[PDB]
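In what follows, a structure is listed as structure tokens, so that the remarks can point back to it.
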Amino acid sequence: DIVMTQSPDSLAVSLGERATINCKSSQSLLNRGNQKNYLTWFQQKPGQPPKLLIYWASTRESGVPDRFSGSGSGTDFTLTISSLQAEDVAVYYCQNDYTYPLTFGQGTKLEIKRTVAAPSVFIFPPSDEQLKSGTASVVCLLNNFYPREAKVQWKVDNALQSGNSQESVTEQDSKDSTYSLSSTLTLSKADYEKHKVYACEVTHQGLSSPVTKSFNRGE
Amino acid sequence: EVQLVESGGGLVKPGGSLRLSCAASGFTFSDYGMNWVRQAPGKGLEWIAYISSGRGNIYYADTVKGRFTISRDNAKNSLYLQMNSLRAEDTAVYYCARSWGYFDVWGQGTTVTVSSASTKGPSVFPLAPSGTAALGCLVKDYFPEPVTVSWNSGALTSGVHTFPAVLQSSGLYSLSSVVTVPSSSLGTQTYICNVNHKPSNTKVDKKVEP
């Protein structure tokens, strides 16, 4: 293999500013017979195949805006995205096209840097329909916050929970560049009906102190 | 217009086999080298197989050599991948890609899941709302991925968050889809989540009431 290493692994850049993604190859990508550096850049959004941006290290694919620019030679290559727009949020890959096996970099996630936004927090008790089947899922929703870093803790009758919750986070929102997050606490029905207070405690840069949303079972 | 379309992906047990197909149109298929590139859930792109135009030179990634075979039928403008001795690590979206010294045309992909677990459709539970309110649907205990969720048959899009599926310790997936709405909208609007789990042919419409 020629090993392809991108830097940084993730990047946050403000709207209208310049994003720089670096790619280093473990060996030369220069074709001695036609003088092209066979280094290729792709953009990939969730659920879609990758989109070709640049090939031969610096030639833009047809239809790619001129704010995308590829440069470099030898083993050091760079993708530059000027005047960043919300449509540019994506994972970017470099790739060895010089010799087989064709190898990709590990990808670089590019997001929009925006101002801090504290989440709105909501808590959902399990449905009576679910309880009947033997299981209780308690859901805590964090709505439209930035940055992505957040701490969500579950307390049941004021005792901190461990090992019985899982989190999922959306991609940056197209309109306001925020994230949303759900944390789901799973208990058996028998266990759930032994407790009264269910609380989701949220810590986030946008909040002066942690915010708790709670309910009492049966109320 | 140039098109590539993959098919054949599905659920298959470890040690099993599967043949993928890719059909091409809108260009002279026989003039181009053709490829399979795959992407495991949450991971990067991995090129795995190539067949050239004239000589039909064939190259494989070492991870699939001796197990997967690539072929083409130029009379049908078609590319194939015969996958044998499948392993859990072969779980991925498989793309067909045209190349001319770089991959310039991609299909939308076909998904292959290698697991011994059985297919199971989800249960759909309401997330009932209590000047912003939130409501949603919990889509629990399904296999394999994916499920799709829409609200009011696709008419409700603003304020929706459909979260990435999470793999539970049971080996089954779960996800929630929520929406925020003005609390006064709860009396003037009907909220229905439309859940589709094709691997199990499950289609559910759940009304969410306070």
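Throughout, protein chains are lettered first and strands after them, A, B, ... in sequence-line order, and every chain is numbered starting at 1. So how was this one determined? The header says X-ray crystallography, 1.7 Å.
- The drug observed at chains A and B carries the PDB name ABBV-323.
- The deposit refers to chain A as FAB Light chain.
- Under the naming in the PDB entry, the designation for chain B is FAB Heavy Chain.
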